[PDB]
Each structure stands twice: as structure tokens, then as C-alpha cells.
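Here the structure comes first, spelled out in C-alpha cells, and everything after it is commentary.
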Amino acid sequence: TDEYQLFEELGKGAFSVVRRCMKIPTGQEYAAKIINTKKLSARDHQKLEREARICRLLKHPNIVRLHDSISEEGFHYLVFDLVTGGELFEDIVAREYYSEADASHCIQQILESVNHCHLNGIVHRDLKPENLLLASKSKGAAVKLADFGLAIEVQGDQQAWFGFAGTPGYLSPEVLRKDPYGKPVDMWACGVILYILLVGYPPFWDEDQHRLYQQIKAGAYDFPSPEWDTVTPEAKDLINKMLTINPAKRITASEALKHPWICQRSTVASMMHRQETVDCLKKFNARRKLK
Ligand SMILES: CN(C)C(=O)c1cc2cnc(Nc3ccc(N4CCNCC4)cn3)nc2n1C1CCCC1
């Protein structure tokens, strides 16, 4: 800990904070989650070691890397390799060309990280734009799935009621019905994200959170004209299969990586520029920054 220098705030939590830090003797930059271990519940104490254990298990080019776990007097540090490219969604709105192919490229990377989570018995439970970063400012920076603070460990394909966790706009139907759930919830979130990547606004939305949940449980999304008239049928097909209410028939991550819009991207995904999507995303990002 004394080996690290702390700088600005990168995030905030109930009993934690995320700060940019640097390894003093070598100058390597990291993102450290600083948890005040003092006056911490037993429940909260198990969640902390569960996050450390989960992050330690995940080594993948599309997942953030845990560098160190540190226990000090009254504080605990979760040190991750720092990614400097910012949010994927903020990078897209800065582009001059953005098409289905780019969205397919992004979702493919997200699907690799989700598939690598599920192959290791880990369900993220909170897939959302804030947790989708870009490795660098380099042209071809890799997408990085971040923040496993809500992730859970599961055995095989055994569902269970693991609790009401996540973000309202991305919650699956089965979590809202308080049914047992598992890996498919991440794939419902990927469906929401993919929808937003194509048109720039969420498939489910309402001022009243109670109406939102009725929309989600009913699968009350559609592909309205005119913006969806130019989206390929294969792109709507992949979304459909992710936003499938029945969790058993919902497409898995390994199946989605073999969908023609993903694996045959160069000949299936449209290359047309979608400026209206860029414009909508700019508004979507602005609304997020308020809350
Ligand atoms: C710490 N934990 C548990 C992680 O999973 C984790 C590993 C991370 C590695 N690199 C970053 N770099 C980074 C991320 C966001 C921003 N901001 C740019 C300006 N506005 C919005 C955000 C700036 N830099 N962040 C990481 N995170 C967290 C992701 C959310 C915050 C910290």
C-alpha cells in the first residue's frame, strides 16, 4: 500500500472508493478499489473476498486484470491494471464512422468475456455501459469488462435465487419475477446493450420504474421505423434471441459467438454509417451522467 501513490477518484461506493494509483518504484499505473475494512459486516466481508477470488480467477484479454489484493489495518486494496481508453459508449460518439460491423465487433468482444466468465462458473449480473471500457486510446483497443463487485459463483447450470441485484434498465425478466436464475441473465443484458449499440436508445424505458419492469417482464420492445428499417434482419435476429423471455431458450454466449452477424460479420453486418445512432448515444450518455 505504501508502495502506491493515490490520485483522483475513479468511482464511489457504499463502503469503498476507486482511485487511480501508481506503483511508486516502477511507475506502473493501476485502478485501486479502496475498501475501509473497519466496521464491516460479515455479509460485506464475504462479498469482498468473493470479488477478490472472482477477479483472481479471470485472465482474459477482454476482462480487467487483477494485479494485487492487499489487506492493511482498516483498509483493503483491489489493484487492477489501469485501462485508459474510457467508456466504450463515450468512444463511439467520438467516431466519424460507425456501423453494424463496429457494433458486431464490440458485441463479439463482450461475448468473449461473458463466455469466459460462464465457462468458469461466474455470472457478472450487472453488465452495463459503465462496466464496458476500452483498453487504450489506440485505434484498435480491446473492450474490457470491469467491476465484478456483484458477480456470483455458480455450479454448472444449476439455477437459484441469488438475490435482487443489477441495474433496472438491464434486469432480466426472471430476476424481476424473483425466479431462480443464472448465466442467462448476462445474455439478457447483452441484448439490451446490443439494442443500444445499434440505435442509441434502450429497448425498455419508462419514467416510472414500475412501468419499466412490466415492460421488461413482457418483453415489450420493438424495432420502430424509420431507424430500424436499415438494420439487417440478422442483427434483429440476434437481439430477438438475446431478449427471449424464456431463459432456457435464450441464446447462450457460446451460441451467440457463432451467430452469422457475429462470426460472418464482414458479409452479414451492414457497413452503412449510422449517424442517427451516434447522435442518440450522445443523448443517452448525457442522461446517464446525471444519475
Ligand atoms: C475497480 N474495479 C472493481 C474494476 O473492476 C476496475 C478495473 C479498472 C481498470 N481500469 C479502469 N480505468 C478507468 C475506468 C473508468 C474511468 N472513468 C472515465 C471518466 N468518466 C467515467 C469513468 C477512467 N478510468 N477502471 C477500472 N475499474 C472500475 C471500472 C469502473 C471505475 C473503476
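Numbering of chain A is taken from the PDB entry, so the residues present carry the numbers 11-301, in order. Atoms within each ligand, like the ligands themselves, are counted from 1 in listed order. Because only heavy atoms are used, hydrogens play no part in the values below, and waters and symmetry mates are left out as well, while side chains stay in. So how was this one determined? The header says X-ray crystallography, 2.3 Å.
- In this entry, more contacts with ligand 1 come from one chain than from any other, and the PDB entry calls that chain Calcium/calmodulin-dependent protein kinase type II subunit delta.
- With pimavanserin, seladelpar, belvarafenib, ribociclib as options, the drug found at ligand 1 is ribociclib.
- Residue, atom and distance of the protein heavy atom nearest to atom 26 (C) of ribociclib are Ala41 CB, 3.9 Å.
- The bulk of residues of chain A touching ribociclib reside in UniProt domain Protein kinase.
- Atom numbering of ribociclib starts at 1 in the shown order; those under 4.0 Å from a heavy atom of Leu92 are 10 (N), 11 (C), 12 (N).
- Counting heavy atoms closer than 4.0 Å to ribociclib, residue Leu143 contributes side-chain atoms (C-beta onward) but none from N, CA, C or O.
- Within the 4.0 angstrom cut-off, atom 31 (C) of ribociclib has one or more protein heavy-atom neighbours.
- Only the side chain of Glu61 comes within 4.0 Å of ribociclib, judged by heavy-atom distances.
- For atom 9 (C) of ribociclib, the candidate residues are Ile73, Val89, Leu76, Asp91; the nearest heavy-atom contact is made by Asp91.
- What sits closest to atom 5 (O) of ribociclib on the protein, heavy atoms only, is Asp157 N, 2.6 Å.
- For chain A, the UniProt active-site residue nearest to ribociclib, measured heavy atom to heavy atom and given to 1 Å, is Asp136, 10 Å.
- Residue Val93 touches ribociclib through backbone and side chain together, judged by heavy-atom distances below 4.0 Å.
- Taking a 4.0 Å cut-off on heavy atoms, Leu20 registers as neighbouring ribociclib.
- Only side-chain heavy atoms of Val28 come within less than 4.0 Å of ribociclib; its backbone N, CA, C and O stay farther off.
- Protein heavy atoms come within 4.0 Å of atom 2 (N) of ribociclib.
- Of the residues that UniProt lists as binding ATP in chain A, those with a heavy atom under 4.0 Å from ribociclib are: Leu20, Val28.
- Looking at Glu97 next to ribociclib, no N or O pair under 3.5 Å apart turns up.
- Using 4.0 Å as the threshold, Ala156 has a heavy atom nearer than that to some atom of ribociclib.
- The protein does not reach atom 18 (C) of ribociclib closely, with no heavy atom under 4.0 angstrom from it.
- The protein reaches atom 7 (C) of ribociclib closely, with a heavy atom under 4.0 angstrom from it.
- With non-hydrogen distances under 4.0 Å, the site around ribociclib consists of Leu20, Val28, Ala41, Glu61, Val74, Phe90, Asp91, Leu92, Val93, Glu97, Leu143, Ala156, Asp157.
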